[PDB]
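What follows is one structure encoded as structure tokens, with my remarks underneath.
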Amino acid sequence: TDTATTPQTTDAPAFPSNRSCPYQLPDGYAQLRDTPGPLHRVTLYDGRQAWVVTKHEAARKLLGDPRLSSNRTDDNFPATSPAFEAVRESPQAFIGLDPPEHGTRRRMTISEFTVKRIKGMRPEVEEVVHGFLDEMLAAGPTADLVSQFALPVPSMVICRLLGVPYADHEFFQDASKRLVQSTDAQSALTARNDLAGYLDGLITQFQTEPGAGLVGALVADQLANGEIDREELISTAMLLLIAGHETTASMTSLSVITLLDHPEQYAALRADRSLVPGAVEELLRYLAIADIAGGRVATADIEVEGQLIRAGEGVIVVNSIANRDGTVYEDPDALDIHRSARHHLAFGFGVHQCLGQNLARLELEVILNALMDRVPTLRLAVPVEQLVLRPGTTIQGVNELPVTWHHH
Ligand code: HEM
Ligand SMILES: O=C(O)Cc1ccccc1Nc1c(Cl)cccc1Cl
């Protein structure tokens, strides 16, 4: 059988790409960033072509365009790995809904994420952060920052918000990781079913004995009024549980790696804590850990600066690339905790903009202040070159981060 004997250059490169450095664009993404025009063709894992959005203002425009639907069950939604077919087959939380249905479900959860509520959560967050730090610092001279700090902290916080008992954390933390990091459909489906069966039992328990937290409130109110389906409640709680776990944990580990590679800026941050909120925004822009959250499908033709998105085409708004748009962020590939990182897209834009964004901002501020206060000598226990980054088909991050510090 004959083989390929011609040049292999394509104008639709394979997407997504994997990071080789935790805080820099994959080489292929830098190329997309540099090509003029808002859109570029890519080839997804199964050979199907899709569009990516690579510029900041076009990304805002298209995330705001109701002709780009968030319906993951659509046959033309841009799947980036075989594991996505698990979500195409499963019931949908409001992240997969379009207006008006999106708003009726999202509004059932917003009361837990208001600015006033986030402010009232600071003592619990600080207590949780410092508690896990107490344990880690006492347990040995080295640690895995991920399993001992980065993951348990947001896990405990989101479980309190939801009413999910932390006694079961080994089970649902493992199931959350399996679902988010699954590479095939069968392991994704099993992880989803594991969480679904758990949450289903929690719902019945709350119907017997009304419970705390957001799940308790949805059971007692919207579910008892038929305003949400039981299966929808499960999907909604599952989305909040997984996002509340995995996103902040990834930001924590990648922020530590990044700050230790920029010691001048880390030292400036320690000397002036009023810089921490701005540094968190810059880290969000720079690390942009959730490109997998940009998929859309066109329900009508859309004209974009001379290019045409046709009805039925998949579109991925790649916020990591849009966040490196030099017409918005001067010298976009430089970390600068003093820059204005305003208007970044790490949380999206428009009706689906991250519900948890200010909880995440609170958590990362408390976490960075606590690391600088309690472990100012924190350092990586292995070279950055020995770390293993997750692939571009999931939330960016590291699954293990060996660290050490000065003893007690
Ligand atoms: C820590 C950093 C985080 C990042 C970078 C991030 C990123 C994102 C992005 C980019 C979207 C837009 C998805 C889209 O347009 O389809 C989104 C939506 C969402 N995020 Fe976050 N997220 C973070 C933390 C959290 C946390 C802590 C929660 C807590 C529950 C959360 C819950 C949600 C929900 C429910 C949505 C769907 C909003 C909607 O569809 O209306 N996220 N997130
Ligand atoms: O988005 C979903 O429906 C669930 C899901 C599963 C695996 C990986 C990511 C996600 N969602 C997701 C998104 Cl789209 C953005 C931020 C955080 C999370 Cl957990």
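In this chain, residues are counted from 1 in sequence order. Just so you know, ligand 1 is whichever comes first in the structure, and atom 1 is the first atom listed for that ligand.
Within 4.5 Å of ligand 2, most heavy-atom pairs belong to the chain that the PDB entry identifies as Vitamin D3 dihydroxylase.
Found at ligand 2 is the drug diclofenac. Regarding atom 16 (C) of diclofenac (ligand 2), its nearest protein heavy-atom neighbour is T247 CG2, 3.9 Å. In this structure, atom 12 (C) of diclofenac (ligand 2) has its sub-4.0 angstrom surroundings free of protein heavy atoms.
For diclofenac (ligand 2), the other ligands and ions with an atom under 4.0 Å away are ligand 1 (protoporphyrin IX containing FE). Atom 15 (C) of diclofenac (ligand 2) has its closest protein heavy atom at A293 CB, 3.5 Å. Proximity by heavy atom, under 4.0 Å to diclofenac (ligand 2), holds for these of the UniProt calciol-binding residues in chain A: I292. A heavy-atom separation below 4.0 Å is found between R72 and diclofenac (ligand 2). What sits closest to atom 8 (C) of diclofenac (ligand 2) on the protein, heavy atoms only, is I292 CD1, 3.6 Å. Using a 4.0 Å cut-off between heavy atoms, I95 contacts diclofenac (ligand 2) through its side chain alone, with no backbone atom that close. For atom 18 (C) of diclofenac (ligand 2), the nearest non-hydrogen atom of the protein is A243 CB, 4.2 Å. Below 4.0 Å from some heavy atom of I242 lie the following atoms of diclofenac (ligand 2), by number and element: 19 (Cl). Within a 4.0 Å radius of atom 5 (C) of diclofenac (ligand 2), the protein has no heavy atom. The binding site of diclofenac (ligand 2), defined by non-hydrogen atoms within 4.0 Å, is formed by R72, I95, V180, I242, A243, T247, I292, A293.
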Starting from the N and O atoms of diclofenac (ligand 2), find every protein N or O within less than 3.5 Å and list the pair with its distance.
| residue | atom | partner | partner atom | Å |
| --- | --- | --- | --- | --- |
| diclofenac (ligand 2) | 1 (O) | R72 | NH2 | 3.0 |
| diclofenac (ligand 2) | 3 (O) | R72 | NH1 | 2.7 |

